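Below is HIV-1 protease with darunavir bound.
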Number of protein chains: 2
Amino acid sequence: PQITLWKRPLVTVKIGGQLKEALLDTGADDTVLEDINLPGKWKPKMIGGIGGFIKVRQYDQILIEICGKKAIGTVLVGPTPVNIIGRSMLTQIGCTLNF
Amino acid sequence: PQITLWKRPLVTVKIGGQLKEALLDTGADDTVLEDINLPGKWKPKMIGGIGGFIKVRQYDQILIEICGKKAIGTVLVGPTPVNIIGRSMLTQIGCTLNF
Ligand SMILES: CC(C)CN(C[C@@H](O)[C@H](Cc1ccccc1)NC(=O)O[C@H]1CO[C@H]2OCC[C@H]21)S(=O)(=O)c1ccc(N)cc1
């Protein structure tokens, strides 16, 4: 898939048997989701964006399937206004910017 | 060029005779810069991200040169922690996501 940017680059993601939509976000270091429940241990972290910071649960080694391609890595869970797929996962699905 | 995402997608931008580095950011609807000072009229706006909202000055029809390609459009100026090139400019330089 090559995709243009006239609209938000939203993709369907499958995580822990749940289906969510998330933004492919080259400006995000890490993947952050709001509306999900991951089982198991986690560590507290704070991440910062434009309006300041949020507290997140950091879950490690989480399987995600993004537009039908698999990746494992860190997923942050917290009060983000929009689910975002960050570079830590984008690299695993072979995602690049082109111009 | 094509750009992989192992590192932040930082590019050099020339705006109003000033040189800045900015993140090519597919998760951002609009361009937001901190360390600059554009002349002329503007309108107040608030934009929200992770952490909440910031107050910005909205400047219209601003020329930016991003990695040596020109674009004209809206630039927001405000207390963003990182300069970001958003989709409204990314489309003008023919930027796409590929995987
Ligand atoms: C500002 C960047 C350096 C980092 N942000 C990623 C960025 O893409 C966010 C991602 C984003 C997207 C929507 C809502 C919140 C955050 N976009 C954003 O703040 O865009 C704002 C400017 O244009 C407006 O249009 C979209 C939101 C506004 S971030 O959300 O704060 C962020 C920070 C750290 C991680 N791990 C993940 C995300």
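For reference, chains are lettered A, B, ... following the sequence lines as listed. Note that chain A is numbered according to the PDB entry, with residues 1-99 shown in order. We number chain B the way the PDB entry does; in order, the residues shown are 1-99. Both counts, for ligands and for their atoms, begin at 1 and track the order of listing.
Every copy of darunavir considered, the relevant parts of the structure are ligand 1. Taking 4.0 Å as the heavy-atom limit, the other chains contacting darunavir are A, B. For darunavir, the atoms lying closer than 4.0 Å to a non-hydrogen atom of A:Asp30 are 35 (C), 36 (N), 37 (C). Those atoms of darunavir that come under 4.0 Å of a heavy atom in A:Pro81, given as number and element, are 14 (C), 15 (C).
At a 4.0 Å heavy-atom cut-off, darunavir touches A:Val82 through the side chain alone.
Residue-ligand proximity, A:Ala28 to darunavir, at heavy-atom distances under 4.0 Å covers atoms 37 (C), 38 (C). Every atom of darunavir is numbered from 1 in the order shown, and the set under 4.0 Å from a heavy atom of B:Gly27 is 8 (O), 10 (C), 12 (C), 17 (N), 20 (O), 26 (C). Closest protein heavy atom to atom 27 (C) of darunavir: B:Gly48 O, 3.3 Å.
Of the protein's non-hydrogen atoms, the one nearest atom 9 (C) of darunavir is A:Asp25 OD2, 3.8 Å. Of the heavy atoms in A:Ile84, only side-chain atoms (C-beta onward) come closer than 4.0 Å to darunavir. In this structure, B:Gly86 does not count as a contact residue of darunavir, since none of its heavy atoms falls inside 4.0 Å of the ligand. Defined by non-hydrogen atoms within 4.0 Å, the binding site of darunavir is A:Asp25, A:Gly27, A:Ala28, A:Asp29, A:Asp30, A:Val32, A:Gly48, A:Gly49, A:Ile50, A:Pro81, A:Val82, A:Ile84, B:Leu23, B:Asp25, B:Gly27, B:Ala28, B:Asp29, B:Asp30, B:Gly48, B:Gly49, B:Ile50.
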